[PDB]
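Quick look: liothyronine on Thyroid hormone receptor alpha.
Along the sequence shown, the residues carry numbers beginning at 1. Header says: X-ray crystallography, 1.9 Å. These values consider heavy atoms only, across backbone and side chains, with no hydrogens, waters or symmetry-generated copies. Note that ligands are numbered from 1 as they come in the structure, with each ligand's atoms numbered from 1 the same way.
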Amino acid sequence: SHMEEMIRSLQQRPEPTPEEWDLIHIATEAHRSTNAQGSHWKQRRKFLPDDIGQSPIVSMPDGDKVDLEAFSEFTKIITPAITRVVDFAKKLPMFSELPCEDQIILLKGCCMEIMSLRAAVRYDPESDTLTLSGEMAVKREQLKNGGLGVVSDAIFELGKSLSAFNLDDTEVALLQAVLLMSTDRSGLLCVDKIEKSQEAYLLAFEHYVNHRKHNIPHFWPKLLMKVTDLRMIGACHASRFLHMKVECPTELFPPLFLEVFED
Ligand SMILES: N[C@@H](Cc1cc(I)c(Oc2ccc(O)c(I)c2)c(I)c1)C(=O)O
Ligand SMILES: N[C@@H](Cc1cc(I)c(Oc2ccc(O)c(I)c2)c(I)c1)C(=O)O
(Lines of atoms letter the chains of each structure in order from A and count residues from 1; the text may use other names and numbers.)
(Lines give C-alpha, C1' and ligand atoms only; values in the text may rest on other atoms or scores of the structure.)
(Ligands and ions follow the chains in the order given, each with its own letter.)
Protein backbone atom coordinates (compact mmCIF):
# COMPACT_ATOMS: atom_id res chain seq x y z
CA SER A 1 0.00 0.00 0.00
CA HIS A 2 0.90 3.69 -0.27
CA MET A 3 1.79 3.97 3.43
CA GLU A 4 3.75 0.74 3.43
CA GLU A 5 5.81 2.00 0.55
CA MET A 6 6.50 5.34 2.09
CA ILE A 7 7.89 3.93 5.26
CA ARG A 8 9.89 1.24 3.49
CA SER A 9 11.33 3.80 1.06
CA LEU A 10 14.86 3.80 2.49
CA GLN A 11 14.64 0.02 2.89
CA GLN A 12 15.50 -2.61 0.54
CA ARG A 13 16.53 -5.51 2.61
CA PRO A 14 14.03 -7.81 4.25
CA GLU A 15 12.80 -6.63 7.64
CA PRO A 16 11.65 -8.98 10.39
CA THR A 17 8.09 -10.25 9.94
CA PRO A 18 5.59 -9.70 12.78
CA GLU A 19 6.30 -13.30 13.87
CA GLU A 20 10.04 -12.64 13.85
CA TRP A 21 9.55 -9.45 15.88
CA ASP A 22 7.78 -11.53 18.55
CA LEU A 23 10.72 -13.95 18.46
CA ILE A 24 13.15 -11.02 18.73
CA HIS A 25 11.29 -9.39 21.62
CA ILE A 26 11.08 -12.55 23.73
CA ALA A 27 14.78 -13.38 23.22
CA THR A 28 15.88 -9.78 23.89
CA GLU A 29 14.00 -9.68 27.19
CA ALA A 30 15.21 -13.16 28.14
CA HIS A 31 18.80 -11.89 27.76
CA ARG A 32 18.25 -8.55 29.47
CA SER A 33 16.66 -10.19 32.50
CA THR A 34 19.53 -12.66 32.87
CA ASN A 35 22.54 -10.44 32.02
CA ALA A 36 24.33 -9.44 35.25
CA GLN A 37 24.18 -5.73 36.21
CA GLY A 38 22.66 -4.83 32.87
CA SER A 39 23.50 -1.32 31.89
CA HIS A 40 25.44 -0.42 35.02
CA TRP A 41 28.33 -2.82 34.76
CA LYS A 42 30.98 -0.24 34.05
CA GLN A 43 30.27 1.67 37.27
CA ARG A 44 29.56 -1.30 39.54
CA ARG A 45 32.48 -3.51 38.61
CA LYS A 46 35.64 -3.83 40.68
CA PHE A 47 39.04 -4.81 39.42
CA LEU A 48 40.60 -8.08 40.39
CA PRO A 49 43.54 -7.07 42.63
CA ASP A 50 46.76 -6.51 40.66
CA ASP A 51 48.64 -8.98 42.89
CA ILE A 52 46.29 -11.81 41.95
CA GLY A 53 46.79 -13.74 38.73
CA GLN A 54 50.52 -13.09 38.34
CA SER A 55 51.76 -16.42 39.70
CA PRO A 56 51.22 -19.48 37.50
CA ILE A 57 52.31 -22.43 39.61
CA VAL A 58 50.36 -25.56 38.60
CA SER A 59 51.54 -27.44 35.48
CA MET A 60 49.42 -27.90 32.35
CA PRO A 61 50.30 -29.96 29.29
CA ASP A 62 50.58 -26.99 26.95
CA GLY A 63 52.98 -25.24 29.30
CA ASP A 64 50.66 -22.40 30.33
CA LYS A 65 50.64 -22.94 34.08
CA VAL A 66 47.77 -22.09 36.41
CA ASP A 67 47.76 -19.54 39.23
CA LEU A 68 45.75 -21.43 41.85
CA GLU A 69 44.59 -18.36 43.78
CA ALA A 70 43.31 -16.74 40.60
CA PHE A 71 41.60 -19.97 39.49
CA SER A 72 39.80 -20.00 42.85
CA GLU A 73 38.67 -16.38 42.47
CA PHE A 74 37.28 -17.20 39.02
CA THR A 75 35.54 -20.43 40.00
CA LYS A 76 34.03 -18.74 43.06
CA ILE A 77 31.82 -16.62 40.79
CA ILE A 78 31.24 -19.09 37.95
CA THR A 79 28.19 -20.88 39.41
CA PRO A 80 25.85 -17.86 39.28
CA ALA A 81 27.16 -17.14 35.77
CA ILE A 82 26.33 -20.62 34.49
CA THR A 83 22.97 -20.39 36.25
CA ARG A 84 22.06 -17.22 34.35
CA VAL A 85 22.76 -18.93 31.02
CA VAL A 86 20.35 -21.68 32.09
CA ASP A 87 17.87 -18.96 33.12
CA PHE A 88 18.13 -17.34 29.68
CA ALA A 89 17.57 -20.60 27.80
CA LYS A 90 14.56 -21.53 29.92
CA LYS A 91 12.93 -18.28 28.88
CA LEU A 92 12.90 -19.22 25.17
CA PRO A 93 9.75 -21.21 24.30
CA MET A 94 11.50 -23.25 21.58
CA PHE A 95 14.05 -24.36 24.15
CA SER A 96 11.70 -24.99 27.07
CA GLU A 97 9.41 -27.16 24.93
CA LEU A 98 12.27 -29.62 24.24
CA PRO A 99 12.69 -32.87 26.22
CA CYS A 100 14.53 -32.30 29.50
CA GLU A 101 17.40 -34.44 28.24
CA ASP A 102 17.84 -32.35 25.08
CA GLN A 103 17.79 -29.12 27.07
CA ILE A 104 20.71 -30.37 29.17
CA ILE A 105 22.74 -31.46 26.16
CA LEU A 106 22.21 -28.08 24.45
CA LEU A 107 23.18 -26.13 27.58
CA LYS A 108 26.38 -28.16 28.02
CA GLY A 109 27.19 -27.63 24.35
CA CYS A 110 26.94 -23.81 24.29
CA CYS A 111 27.64 -22.71 27.86
CA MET A 112 31.23 -21.53 27.40
CA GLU A 113 30.37 -19.94 24.03
CA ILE A 114 27.67 -17.86 25.70
CA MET A 115 29.65 -16.89 28.79
CA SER A 116 32.61 -15.91 26.58
CA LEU A 117 30.37 -13.77 24.44
CA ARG A 118 28.92 -12.08 27.54
CA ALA A 119 32.47 -11.34 28.72
CA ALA A 120 33.58 -10.16 25.29
CA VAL A 121 30.78 -7.64 24.78
CA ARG A 122 31.91 -6.07 28.06
CA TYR A 123 35.45 -5.49 26.88
CA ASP A 124 36.59 -2.00 27.96
CA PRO A 125 39.14 -0.44 25.58
CA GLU A 126 40.23 2.25 28.06
CA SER A 127 41.38 -0.21 30.75
CA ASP A 128 41.99 -3.14 28.38
CA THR A 129 39.87 -5.46 30.55
CA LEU A 130 36.98 -7.91 30.23
CA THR A 131 34.25 -7.83 32.88
CA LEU A 132 33.15 -11.16 34.31
CA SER A 133 29.49 -11.31 35.42
CA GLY A 134 29.23 -7.53 35.19
CA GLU A 135 31.23 -7.31 38.41
CA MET A 136 34.88 -8.42 38.07
CA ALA A 137 37.19 -6.52 35.73
CA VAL A 138 40.13 -8.68 34.67
CA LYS A 139 43.34 -8.08 32.72
CA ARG A 140 44.65 -10.37 29.95
CA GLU A 141 47.42 -11.80 32.15
CA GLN A 142 45.05 -12.51 35.04
CA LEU A 143 42.47 -14.41 33.00
CA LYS A 144 45.26 -16.27 31.17
CA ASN A 145 47.04 -17.30 34.38
CA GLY A 146 43.88 -18.17 36.31
CA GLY A 147 43.14 -21.18 34.11
CA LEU A 148 42.09 -20.11 30.62
CA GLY A 149 45.59 -19.96 29.12
CA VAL A 150 45.43 -18.98 25.43
CA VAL A 151 41.62 -19.06 25.63
CA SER A 152 41.92 -15.69 27.44
CA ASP A 153 43.83 -14.20 24.49
CA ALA A 154 41.09 -15.43 22.13
CA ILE A 155 38.29 -13.88 24.18
CA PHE A 156 40.13 -10.58 24.53
CA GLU A 157 40.73 -10.51 20.77
CA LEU A 158 37.04 -11.20 20.18
CA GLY A 159 36.08 -8.48 22.65
CA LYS A 160 38.42 -5.93 21.06
CA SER A 161 37.05 -6.72 17.61
CA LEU A 162 33.41 -6.56 18.71
CA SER A 163 33.73 -2.95 19.90
CA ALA A 164 33.31 -1.68 16.33
CA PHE A 165 30.22 -3.82 15.79
CA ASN A 166 28.27 -1.83 18.41
CA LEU A 167 26.02 -4.80 19.18
CA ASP A 168 22.77 -4.04 20.99
CA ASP A 169 20.96 -6.28 23.51
CA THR A 170 18.90 -7.85 20.76
CA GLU A 171 21.93 -8.83 18.69
CA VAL A 172 23.64 -10.39 21.71
CA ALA A 173 20.48 -12.30 22.63
CA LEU A 174 19.99 -13.63 19.11
CA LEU A 175 23.64 -14.72 18.94
CA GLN A 176 22.98 -16.59 22.20
CA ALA A 177 19.84 -18.22 20.77
CA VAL A 178 21.73 -19.33 17.69
CA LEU A 179 24.59 -20.81 19.77
CA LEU A 180 22.05 -22.56 22.01
CA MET A 181 20.05 -24.18 19.20
CA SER A 182 22.98 -26.02 17.57
CA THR A 183 22.60 -29.70 16.76
CA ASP A 184 26.32 -30.43 16.74
CA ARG A 185 26.03 -32.53 19.91
CA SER A 186 25.61 -36.24 20.49
CA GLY A 187 22.50 -37.81 21.97
CA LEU A 188 19.79 -35.33 20.98
CA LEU A 189 16.26 -36.60 20.59
CA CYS A 190 14.63 -33.76 18.70
CA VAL A 191 17.25 -32.91 16.11
CA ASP A 192 14.88 -31.73 13.36
CA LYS A 193 12.93 -29.52 15.75
CA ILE A 194 16.10 -27.96 17.12
CA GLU A 195 17.37 -27.27 13.58
CA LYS A 196 14.05 -25.67 12.61
CA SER A 197 14.28 -23.43 15.66
CA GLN A 198 17.84 -22.38 14.90
CA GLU A 199 16.81 -21.66 11.30
CA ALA A 200 13.96 -19.48 12.60
CA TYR A 201 16.37 -17.58 14.88
CA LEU A 202 19.00 -17.16 12.15
CA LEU A 203 16.51 -15.67 9.68
CA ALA A 204 15.00 -13.37 12.34
CA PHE A 205 18.56 -12.33 13.27
CA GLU A 206 19.54 -11.67 9.64
CA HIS A 207 16.40 -9.55 9.23
CA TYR A 208 17.04 -7.66 12.48
CA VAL A 209 20.56 -6.86 11.27
CA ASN A 210 19.00 -5.42 8.12
CA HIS A 211 16.60 -3.35 10.23
CA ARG A 212 19.49 -1.92 12.25
CA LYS A 213 21.37 -0.49 9.24
CA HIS A 214 24.86 -0.67 10.82
CA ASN A 215 27.55 1.66 9.50
CA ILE A 216 30.08 -1.11 8.90
CA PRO A 217 29.79 -3.02 5.60
CA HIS A 218 29.13 -6.77 5.32
CA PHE A 219 27.79 -6.88 8.86
CA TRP A 220 25.93 -10.20 8.61
CA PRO A 221 28.74 -12.40 7.28
CA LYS A 222 31.13 -10.63 9.68
CA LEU A 223 28.85 -11.58 12.60
CA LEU A 224 28.72 -15.17 11.34
CA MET A 225 32.52 -15.33 11.35
CA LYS A 226 32.37 -14.21 15.01
CA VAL A 227 30.09 -17.15 15.78
CA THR A 228 32.83 -19.38 14.30
CA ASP A 229 35.39 -17.69 16.58
CA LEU A 230 33.15 -18.36 19.59
CA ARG A 231 32.97 -22.00 18.59
CA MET A 232 36.77 -22.21 18.51
CA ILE A 233 36.87 -20.61 21.97
CA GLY A 234 34.38 -23.19 23.27
CA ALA A 235 36.40 -26.03 21.78
CA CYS A 236 39.72 -24.78 23.16
CA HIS A 237 38.13 -24.44 26.55
CA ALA A 238 36.67 -27.96 26.51
CA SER A 239 40.12 -29.34 25.70
CA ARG A 240 41.81 -27.28 28.41
CA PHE A 241 39.13 -28.17 30.96
CA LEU A 242 39.91 -31.86 30.51
CA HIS A 243 43.52 -31.07 31.39
CA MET A 244 42.44 -29.02 34.44
CA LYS A 245 40.65 -32.09 35.77
CA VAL A 246 43.66 -34.34 35.22
CA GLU A 247 45.86 -31.91 37.19
CA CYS A 248 43.64 -30.68 40.03
CA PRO A 249 41.44 -32.26 42.71
CA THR A 250 37.64 -32.20 42.42
CA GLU A 251 37.33 -30.01 45.54
CA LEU A 252 38.57 -26.99 43.56
CA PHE A 253 35.72 -27.31 41.01
CA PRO A 254 32.20 -26.17 41.90
CA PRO A 255 29.65 -28.91 41.24
CA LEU A 256 27.87 -26.99 38.46
CA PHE A 257 31.17 -26.10 36.81
CA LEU A 258 32.01 -29.82 36.69
CA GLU A 259 28.59 -30.87 35.47
CA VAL A 260 28.28 -28.39 32.65
CA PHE A 261 31.75 -29.06 31.25
CA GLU A 262 31.46 -32.87 31.29
CA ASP A 263 33.10 -34.54 28.29
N1 LIG B 1 31.16 -12.76 32.07
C2 LIG B 1 30.24 -13.84 31.84
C3 LIG B 1 30.43 -14.99 32.81
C4 LIG B 1 31.84 -15.51 32.86
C5 LIG B 1 32.35 -15.93 34.10
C6 LIG B 1 33.63 -16.41 34.15
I7 LIG B 1 34.36 -17.00 36.07
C8 LIG B 1 34.42 -16.51 33.02
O9 LIG B 1 35.71 -16.96 33.13
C10 LIG B 1 35.96 -18.32 33.07
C11 LIG B 1 35.26 -19.23 32.28
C12 LIG B 1 35.61 -20.59 32.23
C13 LIG B 1 36.70 -21.04 33.00
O14 LIG B 1 37.11 -22.36 33.00
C15 LIG B 1 37.38 -20.14 33.76
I16 LIG B 1 39.03 -20.83 34.93
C17 LIG B 1 37.05 -18.79 33.82
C18 LIG B 1 33.95 -16.08 31.76
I19 LIG B 1 35.16 -16.15 30.01
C20 LIG B 1 32.64 -15.60 31.72
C21 LIG B 1 28.86 -13.28 32.03
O22 LIG B 1 28.68 -12.04 32.14
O23 LIG B 1 27.87 -14.05 32.07
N1 LIG C 1 23.64 -25.07 12.41
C2 LIG C 1 24.79 -24.28 12.04
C3 LIG C 1 24.34 -22.96 11.42
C4 LIG C 1 25.50 -22.29 10.73
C5 LIG C 1 25.80 -22.64 9.42
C6 LIG C 1 26.87 -22.05 8.74
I7 LIG C 1 27.29 -22.59 6.76
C8 LIG C 1 27.70 -21.05 9.44
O9 LIG C 1 28.75 -20.44 8.82
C10 LIG C 1 30.01 -20.99 8.91
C11 LIG C 1 30.19 -22.19 9.60
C12 LIG C 1 31.44 -22.77 9.72
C13 LIG C 1 32.55 -22.15 9.15
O14 LIG C 1 33.79 -22.71 9.26
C15 LIG C 1 32.36 -20.88 8.41
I16 LIG C 1 33.99 -19.91 7.53
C17 LIG C 1 31.09 -20.33 8.32
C18 LIG C 1 27.34 -20.71 10.84
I19 LIG C 1 28.46 -19.30 11.91
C20 LIG C 1 26.26 -21.35 11.43
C21 LIG C 1 25.62 -24.00 13.26
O22 LIG C 1 25.05 -24.01 14.38
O23 LIG C 1 26.84 -23.76 13.12
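Counting heavy atoms within 4.0 Å, the binding site of liothyronine (ligand 2) comprises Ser182, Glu195, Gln198, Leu224, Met225, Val227, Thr228, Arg231. In terms of protein heavy atoms, atom 20 (C) of liothyronine (ligand 2) is closest to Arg231 NH1, 4.5 Å. Distances below 4.0 Å separate heavy atoms of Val227 from the following atoms of liothyronine (ligand 2): 19 (I). Set against the non-hydrogen atoms of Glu195, the atoms of liothyronine (ligand 2) under 4.0 Å away are 1 (N). The protein heavy atom nearest to atom 16 (I) of liothyronine (ligand 2) is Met225 SD, 3.8 Å.
Nearest protein neighbour of atom 19 (I) of liothyronine (ligand 2), counting heavy atoms only, is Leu224 O, 3.2 Å. For atom 7 (I) of liothyronine (ligand 2), the nearest protein heavy atom is 4.0 Å or more away. Counting the atoms of liothyronine (ligand 2) from 1 in the order shown, those under 4.0 Å from a heavy atom of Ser182 are 22 (O). In terms of polar-atom proximity, defined here as any N/O pair under 3.5 Å, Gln198 does make such a contact with liothyronine (ligand 2). For atom 4 (C) of liothyronine (ligand 2), the protein comes within 4.0 Å by no heavy atom at all. In terms of protein heavy atoms, atom 15 (C) of liothyronine (ligand 2) is closest to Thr228 OG1, 3.7 Å.
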